Engineer: 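Let me begin by handing over the structure; questions about it come next.
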Amino acid sequence: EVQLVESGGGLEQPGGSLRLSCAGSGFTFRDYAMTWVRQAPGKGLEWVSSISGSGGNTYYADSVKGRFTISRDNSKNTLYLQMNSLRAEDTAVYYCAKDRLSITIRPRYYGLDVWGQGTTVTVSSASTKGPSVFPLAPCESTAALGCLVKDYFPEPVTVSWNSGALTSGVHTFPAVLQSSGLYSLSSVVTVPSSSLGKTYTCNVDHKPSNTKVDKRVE
Amino acid sequence: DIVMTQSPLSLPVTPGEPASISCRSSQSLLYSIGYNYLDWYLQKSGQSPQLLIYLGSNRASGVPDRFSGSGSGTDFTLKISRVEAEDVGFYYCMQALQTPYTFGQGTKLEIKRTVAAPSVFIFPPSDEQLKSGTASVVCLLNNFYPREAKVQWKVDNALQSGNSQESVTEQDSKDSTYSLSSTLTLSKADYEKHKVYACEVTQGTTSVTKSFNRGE
């Protein structure tokens, strides 16, 4: 399968720097132009940069010129975005995308056919804060359980259940921004009450604080 | 830069019925005969964008027959012949004729299903949280339709406002329902001064209140 895996996102100060990576597998990396697209919180899609198969030609959005550099290491099957002089406006999920087939003189376009999973860049003067994870348990035949992921910065937090083994009936809600400027999120699952006396663990990942919390909900 | 404009911006559709999304460009996207540099993408909630249509009319890998693209020059249309529940999300057109690549604003495809009552659950604050001096009380509204429902928090039968926040999931890809989570936030001192905590959920002719007693 043709796949793109991203890394390198995080929280940085204005004027700071960050490098994003996009690793390809299941295809010949050098045969394809590659593209970065971003999505600001609650907004649409915006093109950032494109690079030719060889790396000989580079293209940039006007707002990132002189700040961002697109590059690739074809021997490592990896696309890069060096992000210098970071601005608050750069806060977004960044996606890499497979672009035109480039083994003929004129490249052949087949759409942006494969996309990475995204990596998040947040540009703020505020410090990182890891989450406090608390159980949601009742005080019927179907019971709800969950985790409250409280007082973190910045977005995002990912939540899984039983290391990804439990997916049906999982609802992980959008975070709310509290008056404190910190986020709070809940994740819930519905389970049979008869087998409560089965273990249910939420797995909470917060990349910006380098923190993973597993919480067993009793 | 080439500007892409989509119409409509919100599209509510009954399952089985057709859907049509228009995309207009400020400049012609016809590079040569058969080469309109116009794509369509779907972004499902919490997912990366995925290719549907490229070069005006070509279905991408794995894309169901129900999706088709047509048009030329400046006027383009995505058609879904019969809308299914899993089609829910945001649809974007994109031009790839020139850099910068530019996208339409996005069209939110909504699924018009039957009314479903929420399953309501209430959660007390954990003992662990109470040690920090704050109490979060949580109310869950599970798998309901339509989106419009009201949560009213009550503490010893007194109506609460300005001390809760809520959020709602996007439409479920399988059953087309929404879910809602509301958090009531109190100091430990305020929490321990009261007994009955109640979340009242109002949807049309029905109000459902789930409650707990702090002492129990």
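Chain lettering follows the listing: the opening sequence line is A, and each later line takes the next letter. Note that chain A is numbered according to the PDB entry, with residues 1-139, 145-202, 204-224 shown in order. Per the PDB entry, chain B residues shown: 1-216, in order.
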Engineer: What would the PDB label the drug at chains A and B?
Structural biologist: dupilumab
Engineer: Which molecule name is recorded for chain A in the entry?
Structural biologist: Dupilumab Fab heavy chain
Engineer: I'd love to know the name the PDB entry uses for chain B.
Structural biologist: Dupilumab Fab light chain
